[PDB]
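Below is Phosphatidylinositol 4,5-bisphosphate 3-kinase catalytic subunit gamma isoform with gedatolisib bound.
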Amino acid sequence: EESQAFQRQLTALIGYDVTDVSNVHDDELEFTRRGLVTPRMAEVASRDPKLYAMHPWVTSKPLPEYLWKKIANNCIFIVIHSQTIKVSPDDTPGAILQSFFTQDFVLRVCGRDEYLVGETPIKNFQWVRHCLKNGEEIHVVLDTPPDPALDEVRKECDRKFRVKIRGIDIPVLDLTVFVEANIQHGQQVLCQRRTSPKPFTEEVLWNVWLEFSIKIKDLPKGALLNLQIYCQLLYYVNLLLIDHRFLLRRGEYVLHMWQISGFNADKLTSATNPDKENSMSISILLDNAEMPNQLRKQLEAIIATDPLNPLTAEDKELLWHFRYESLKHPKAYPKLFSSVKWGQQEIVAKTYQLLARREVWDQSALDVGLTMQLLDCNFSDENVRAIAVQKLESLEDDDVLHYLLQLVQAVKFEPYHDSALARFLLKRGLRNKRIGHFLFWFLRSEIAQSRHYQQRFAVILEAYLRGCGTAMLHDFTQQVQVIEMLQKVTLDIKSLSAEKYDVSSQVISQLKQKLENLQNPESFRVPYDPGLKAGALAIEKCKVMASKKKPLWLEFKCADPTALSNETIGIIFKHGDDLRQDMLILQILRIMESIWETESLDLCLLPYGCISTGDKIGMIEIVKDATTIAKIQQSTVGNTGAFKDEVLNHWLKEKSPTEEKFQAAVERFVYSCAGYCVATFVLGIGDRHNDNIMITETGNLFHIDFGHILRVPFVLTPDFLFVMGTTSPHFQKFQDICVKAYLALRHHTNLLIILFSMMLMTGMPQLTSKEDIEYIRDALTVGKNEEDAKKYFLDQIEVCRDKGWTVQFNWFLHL
Ligand SMILES: CN(C)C1CCN(C(=O)c2ccc(NC(=O)Nc3ccc(-c4nc(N5CCOCC5)nc(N5CCOCC5)n4)cc3)cc2)CC1
């Protein structure tokens, strides 16, 4: 029936068929599809049709200090389409309109799907704050409110634990293998057993009972039997010992395992390898007063250490014995719940009784760095994780958008498909279309290139698509059609000039040919900027990048006729690199901008849009009027390491007509340069090549390519300095802003550390040992007073000065 065709539509939008039961050994996934029906219908029935249709992008945070200095005498100007109007920062849009009349029309941004509606002061609209930040004019058309009808929804024992290892079987690959069974709880290995080593052949039968030290009723929920094969670790797979019904897992299992590549979130999945033809299989059978002062000081010191400082045994004993004292310190919760013997039923009982009375945690102000910690790989207990989700519930949509990528990623750490976190994401995406757009694209990113989690993520994405309404479904469908067309063009063009050729006649020929052939997809929403709709292509402006991986430089017209400007929307389509790394780094940069805003700073970061759409394939926003610092060098002294340091300021002058425009660009440059210095330093991506640093004609600096990130702490070359002048008066400004921004980030050390380690676990595999994570703790001068930290950053600046083009000259000889 047509219901089946609708499920087909959903499948095509998802990129995976959630009704497939070809790679399941239980009904957990379908159980979750069924359990999600209620949160979906409940948020749908709960949301306001009008605000959900117009999706006003609002914030309750106060107006920053740097935006106030840009205001007139309590007088924001709104150009309505077409007269200008004075308005008070605290003037509601409704009051604005009733003032403009002296009845039901709504103000929509010109050239955008963005609306200034709701009982919010224009002070508090992100588009208005963005216009103020960039000194643009709030241009609005008096449109008629979109029909909410277009959002309508298609209505829907004391025995010890034993595991029998029968054997392993592969048709692939003189070695020797043994099997290893672990009872794991949140990366805590409760107990461990091994089989004897038998020669590695395509079939190894043990028929061996591995008896564990843990008793059946001490198994905690969320505990995993982790089965691994060693020759080095060759393969792994995981089975939940308590399923989604709290039933002890019994029966026969034949689990197709994951292969290792010669620690990260894939090693945790409960999913089995779908590739049953080539993948290693394993076969198994289951059948079953108050403290003294010195101790107070020690406990406080422990609670004070950072999220990476590991807890010794005595530390955990102290935290557990004084658990009720520790419960008053919400900052101690991550460490307290790591001091819990989860393999002991009585201790987990005491732990739940502890969580029972948590008035201090409930009342505390939301601390995201703490919530995230509780949501990471070190916490399986769903009750421990549910309090983090509880705190998350109080985030406004603006903050949800700030943290949505890494919350979605954090879903990879949930033991079960249906989690508090999953339902929270579902709710927030259904309540608000901007969150829903990005939830769609993030879930789909992972569903398109992760067998390890595509099933769970596909269940969540289907749950979302069944409540977002048919309008947004049509939008997603158009977008997916367009992106698939364009990825087809990208790959087919990549095939045509594989290596060692810059650009051919035939190449540009075929590219323009296909783009002309493809345009006969009328209009689609820009995935990295859902307020922008792209129209026809500007075939004449589209080109093959002429990079190693020949990415596509495409440009579209804006489909919105109310659009004021005539600028095209530029998108780069790239295949060959894993752009999820870029998504993560850019999202951390956005969090850094947010942190800086809390302290009335603006470092003019340009976190360009970037959506990973598949396996080593994605799109990148084209910042208009931007060029590489390397290219500005080459243009005046081409193919030479001389790197004449006077050239950047000459270029700035050239592109800025008015000396005043030049000074504005120089100040923009001071700020954006300080911001990128601090950010790349903290993240350990500051030692980049001249070619991966771009600048807008208006002086805004910004880095690109966060996959190719490999000595110097960051890039502060003699040419940036010449744009500053070297001591000088603007270089003093640079150092001042840098110390301020660095200290501002050190004020959120914990959040930055948890986000960084999460990125390491969920982005690219690389090394991702403890060692990679520790660098950031170092760069944030953990356990240091702010004075020494400012000294540390100024020492980094001085190393930059001393090295000169040595760094850049070697980057040039190397590339
Ligand atoms: C160790 N090793 C052997 C490997 C191992 C594995 N591995 C990866 O698998 C991998 C994963 C992710 C990335 N990530 C990535 O590549 N990200 C990106 C790259 C370029 C751009 C760009 N590039 C240009 N061009 C360059 C030159 O001048 C200008 C043109 N322009 C723009 N702009 C957009 C904004 O507006 C202005 C134009 N963006 C934007 C993003 C790379 C590689 C790591 C390396």
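This chain uses plain numbering: 1 for the first residue, then up along the sequence. Numbering of ligands and ligand atoms starts at 1, following listing order. Just so it is clear, the values below take in all heavy atoms, side chains as well, and ignore hydrogens, waters and symmetry mates.
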> Where in this structure can gedatolisib be found, counting every copy?
Replying inline: ligand 1
> Is a covalent adduct between gedatolisib (ligand 1) and a chain modeled, and at which residue and atom?
Replying inline: none
>> Please list, in number order, the atoms of gedatolisib (ligand 1) under 4.0 Å from a heavy atom of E621.
In response: 34 (C), 35 (C), 36 (O)
> For atom 40 (C) of gedatolisib (ligand 1), is the nearest protein heavy atom under 4.0 Å away?
Replying inline: yes
> Checking heavy atoms only, which UniProt-annotated ATP-binding residues of chain A fall inside 4.0 Å of gedatolisib (ligand 1)?
Replying inline: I572, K574, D577, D578, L579, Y608, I704, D705, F706, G707, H708
>> Going by a strict under-4.0 Å cutoff (protein heavy atoms only), does atom 5 (C) of gedatolisib (ligand 1) have a neighbour on the protein?
In response: no
>> Judged on heavy-atom distance to atom 36 (O) of gedatolisib (ligand 1), which of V623, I709, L586, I572 sits nearest?
In response: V623
>> For atom 12 (C) of gedatolisib (ligand 1), what is the closest protein heavy atom, and at what distance to 0.1 Å?
In response: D578 O, 2.9 Å
> Of the protein's non-hydrogen atoms, which lies at the shortest distance from atom 38 (C) of gedatolisib (ligand 1), and what is that distance?
Replying inline: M694 SD, 3.9 Å
> Which atoms of gedatolisib (ligand 1) are found less than 4.0 Å from any heavy atom of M545?
Replying inline: 24 (C), 25 (N), 30 (C)
> Short list, please: which atoms of gedatolisib (ligand 1) are under 4.0 Å from a heavy atom of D582?
Replying inline: 12 (C), 13 (C), 14 (N), 15 (C), 17 (N), 18 (C), 41 (C)
>> I want to know if gedatolisib (ligand 1) touches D577 in the polar sense, i.e. an N/O pair below 3.5 angstrom.
In response: yes
>> Below 4.0 angstrom, counting only protein heavy atoms, does anything approach atom 20 (C) of gedatolisib (ligand 1)?
In response: yes
> Looking only at protein heavy atoms, which one is nearest to atom 15 (C) of gedatolisib (ligand 1), and how far off is it?
Replying inline: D705 OD1, 3.1 Å
>> Under 3.5 Å between any N/O of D691 and any N/O of gedatolisib (ligand 1): does that happen in this structure?
In response: no
> Taking the non-hydrogen atoms of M764, is any one of them nearer than 4.0 angstrom to gedatolisib (ligand 1)?
Replying inline: yes
> What's the shortest distance from atom 26 (C) of gedatolisib (ligand 1) to any protein heavy atom, and which residue and atom give it?
Replying inline: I704 CD1, 4.0 Å
> Of all the atoms in gedatolisib (ligand 1), which lie at a distance below 4.0 Å from a heavy atom belonging to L579?
Replying inline: 15 (C), 17 (N)
>> Hey, which UniProt domain of chain A has most of the residues touching gedatolisib (ligand 1)?
In response: PI3K/PI4K catalytic
> Which residues and nucleotides contact gedatolisib (ligand 1) at a heavy-atom distance below 4.0 Å?
Replying inline: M545, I572, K574, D577, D578, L579, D582, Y608, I620, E621, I622, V623, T628, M694, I704, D705, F706, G707, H708, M764
Polar pairs, gedatolisib (ligand 1) vs protein, N/O only, below 3.5 Å.
residue	atom	partner	partner atom	Å
gedatolisib (ligand 1)	14 (N)	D582	OD1	2.6
gedatolisib (ligand 1)	14 (N)	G707	N	3.4
gedatolisib (ligand 1)	16 (O)	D577	OD2	3.2
gedatolisib (ligand 1)	16 (O)	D705	OD1	3.1
gedatolisib (ligand 1)	17 (N)	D582	OD1	3.2
gedatolisib (ligand 1)	17 (N)	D582	OD2	2.7
gedatolisib (ligand 1)	28 (O)	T628	OG1	3.3
gedatolisib (ligand 1)	36 (O)	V623	N	2.5

